[PDB]
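Below is one structure, written out as structure tokens; comments come after it.
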Number of protein chains: 2
Amino acid sequence: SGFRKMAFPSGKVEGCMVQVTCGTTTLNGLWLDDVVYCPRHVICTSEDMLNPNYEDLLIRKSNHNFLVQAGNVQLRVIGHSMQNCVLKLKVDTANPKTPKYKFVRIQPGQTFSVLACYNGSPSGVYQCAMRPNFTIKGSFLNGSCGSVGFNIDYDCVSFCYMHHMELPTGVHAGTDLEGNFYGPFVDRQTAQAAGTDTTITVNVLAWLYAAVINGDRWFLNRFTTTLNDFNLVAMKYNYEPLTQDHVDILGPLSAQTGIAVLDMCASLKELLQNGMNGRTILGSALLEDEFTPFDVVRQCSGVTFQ
Amino acid sequence: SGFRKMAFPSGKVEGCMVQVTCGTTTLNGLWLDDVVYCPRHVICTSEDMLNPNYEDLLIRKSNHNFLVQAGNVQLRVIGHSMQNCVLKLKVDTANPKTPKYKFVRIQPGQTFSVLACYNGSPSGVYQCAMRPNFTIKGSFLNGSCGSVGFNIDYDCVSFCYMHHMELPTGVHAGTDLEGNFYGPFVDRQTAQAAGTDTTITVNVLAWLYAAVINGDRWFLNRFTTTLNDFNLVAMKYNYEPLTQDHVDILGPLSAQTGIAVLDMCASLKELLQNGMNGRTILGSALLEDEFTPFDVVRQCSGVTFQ
Ligand SMILES: CCc1ccc(Cc2ccc3c(c2)[C@]2(OC3)O[C@H](CO)[C@@H](O)[C@H](O)[C@@H]2O)cc1
Ligand SMILES: CCc1ccc(Cc2ccc3c(c2)[C@]2(OC3)O[C@H](CO)[C@@H](O)[C@H](O)[C@@H]2O)cc1
Ligand SMILES: [Cl-]
Ligand SMILES: [Cl-]
């Protein structure tokens with residue numbers, strides 16, 4: 001036992017990272033089959049970003065202007081095109097390391113792993129979640145744009161995110177692999193502010209289920225509640241309303257533990273009202289919301305990937 | 001910016017994981033060059049573990065009894081030998097994926113990443129630290145024995161840990177790659193209890209330096225202290241005494257931030273005495289001690305690995 005914020009093994013995605021340089025800008029790209037995906041702002045300069053017209057900035061570029069390096073070998077670019085906020089560079093070699101993969105657009109509250117990269121070289125891996133206000137709370141220095149978020153199922157990598165920018169508040173915005181941003185964010189430097197960072201209540205309960213499975217049970221109480229009562233409390237603490245679909249996704253953890261979902265909501269409610277009183281749950285002194293119900297089951301079941 | 005508990009990319013180690021079965025027991029092994037390392041308790045049954053005599057249990061084994069599978073291909077075992085608590089199985093093929101690597105025995109307070117594996121297949125990766133009482137607080141289900149902890153420098157993997165067992169308290173014990181356990185723990189089921197889980201003060205300050213670099217500065221105050229005063233406080237809160245070598249390792253973060261190490265200790269001191277008052281630092285409501293000073297510099301500098 002033990003429960004930890006665990007990322008997916010990163011090897012399969014490490015094999016797709018490449019460096020992309022246009023003019024003076026270098027960032028990362030993702031090499032899948034014979035196509036290299038990267039943020040389109042690689043073609044921008046520093047003022048270019050105040051109010052760029054990418055359609056016009058790309059007119060000045062040709063295939064030979066995009067220097068793509070995979071490890072120490074240069075890749076040949078035979079085509080380029082813009083799709084939403086991403087450029088797709090067609091190279092003349094298929095990546096030999098391409099895993100089986102899919103492109104998916106995730107929902108707020110879902111989690112995924114990030115392989116932070118600089119200059120096409122991996123730096124580290126950590127788990128993140130798509131926040132209800134559509135930002136992620138990552139770790140990104142300059143040059144990390146183009147690093148991707150992903151989940152792995154069996155032997156299929158589902159890419160879900162590509163990094164594009166940092167708000168003045170230090171949180172992060174990006175796109176899916178079709179180039180569409182999560183949320184209202186745009187790839188220009190402007191007054192962009194994030195909405196409320198509401199907590200993903202269904203992940204919190206999942207994590208409370210994890211704790212009981214992993215021996216922490218002090219928060220369990222003699223009470224129960226209803227969805228309509230619970231939700232008055234979640235609305236007061238800036239929590240996502242809990243829904244019947246969520247109660248349903250929590251069924252399996254409820255079955256394995258024998259603790260009814262609504263009794264667990266009653267545990268969460270008292271914790272919101274009274275705090276933890278200086279105690280801890282799974283090593284944390286605050287309620288954790290970046291573990292989905294699939295993530296607790298997966299980690300508590302030892303699911304592996306081939 | 002942003003600061004997160006980041007693991008090392010796991011691809012290089014994913015290429016060394018293999019399944020090891022002796023009789024009915026399956027666990028993981030590490031395939032480096034032509035040798036496969038795994039816990040010696042793979043040769044034990046269930047009662048065998050109360051007070052095993054591995055010397056005698058191994059006398060009953062031969063090379064053909066150790067079934068080593070790498071992905072879907074079986075490996076041929078041409079030799080086996082015990083070194084402390086690990087068995088070394090010599091196979092007739094060198095692993096083609098062997099990275100450059102080293103075996104190191106770490107010091108308490110040092111951190112490393114774990115690639116949790118089941119049946120020779122990776123499941124996830126997370127960062128851990130060797131605790132002052134020589135246990136690690138991991139995530140391990142049955143079948144995870146043999147998963148390794150590691151750090152990567154440049155393109156050299158320094159293996160530092162191999163998982164072997166769980167104490168009744170849910171914390172974990174293991175060995176280095178030479179087969180010697182960290183701490184007093186032995187590979188038998190007995191009354192083994194962990195000593196105090198003291199906090200690694202030099203990592204805490206490192207993380208306080210990370211927070212200031214990442215915009216959290218509310219804990220900074222108008223005070224300073226001395227090592228001898230500070231240490232009276234660390235001793236009262238079950239913190240490791242801070243030493244001059246530690247002040248020295250913190251120099252670079254002190255230089256980059258302009259906050260004197262002893263002023264930062266004065267910040268840590270008030271936090272120990274008054275608590276955080278319901279606020280948070282780098283997203284945590286408690287003081288984090290599993291980031292070493294090298295880990296903050298590395299993550300805040302974008303160091304990558306080839
Ligand atoms: C085969 C051995 C094994 C596997 C997994 C676990 C841990 C575990 C954690 C979390 C969940 C579950 C199991 C699970 O879903 C939520 O529990 C449901 C009700 O018992 C069950 O119907 C599901 O098939 C599923 O096992 C223990 C032992
Ligand atoms: C080249 C661009 C760059 C690199 C790294 C960073 C972040 C950074 C974080 C943490 C530390 C340091 C830097 C560092 O050690 C601790 O700061 C010391 C005093 O300035 C310096 O002497 C060291 O070389 C080292 O830069 C910013 C910009
Ligand atoms: Cl916390
Ligand atoms: Cl974490």
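Chain letters run A, B, ... following the sequence lines, proteins first and then strands; every chain starts at 1. All values below were derived from every heavy atom in this structure, side-chain atoms included, with hydrogens, water molecules and symmetry-related copies excluded. Atoms within each ligand, like the ligands themselves, are counted from 1 in listed order. Structure determined by X-ray crystallography, 1.6 Å.
Comparing lamivudine triphosphate, temocillin, tofogliflozin, the one located at ligand 1 is tofogliflozin. What binds tofogliflozin (ligand 1) most in this entry is, by the naming of UniProt, 3C-like proteinase nsp5. Other chains near tofogliflozin (ligand 1) (heavy atoms under 4.0 Å), by letter: A. Protein heavy atoms all stay at least 4.0 Å away from atom 23 (C) of tofogliflozin (ligand 1). For atom 1 (C) of tofogliflozin (ligand 1), the nearest protein heavy atom lies 4.0 Å or farther away. For atom 12 (C) of tofogliflozin (ligand 1), the nearest protein heavy atom lies under 4.0 Å away. The PDB lists the organism for chain A as Severe acute respiratory syndrome coronavirus 2. In this structure, the protein non-hydrogen atom closest to atom 25 (C) of tofogliflozin (ligand 1) is A:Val297 CG1, 4.8 Å.
Counting only heavy atoms of the protein, atom 26 (O) of tofogliflozin (ligand 1) lies nearest to A:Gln256 CG, 4.8 Å. Note that atom 9 (C) of tofogliflozin (ligand 1) has protein non-hydrogen atoms nearby, at separations under 4.0 angstrom. Within a 4.0 Å radius of atom 20 (O) of tofogliflozin (ligand 1), the protein contributes one or more non-hydrogen atoms. Counting the atoms of tofogliflozin (ligand 1) from 1 in the order shown, those under 4.0 Å from a heavy atom of A:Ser301 are 5 (C), 6 (C), 7 (C), 8 (C), 9 (C), 13 (C). In the vicinity of A:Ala255, heavy-atom distances shorter than 4.0 Å reach the tofogliflozin (ligand 1) atoms 19 (C). Per-atom contact check: atom 15 (O) of tofogliflozin (ligand 1) touches the protein, criterion being a heavy-atom distance below 4.0 Å.
What sits closest to atom 7 (C) of tofogliflozin (ligand 1) on the protein, heavy atoms only, is A:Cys300 O, 3.4 Å. Most residues contacting tofogliflozin (ligand 1) in chain A map to the UniProt domain Peptidase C30. Using a 4.0 Å heavy-atom cut-off, the binding site of tofogliflozin (ligand 1) is formed by A:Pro252, A:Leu253, A:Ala255, A:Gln256, A:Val297, A:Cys300, A:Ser301.
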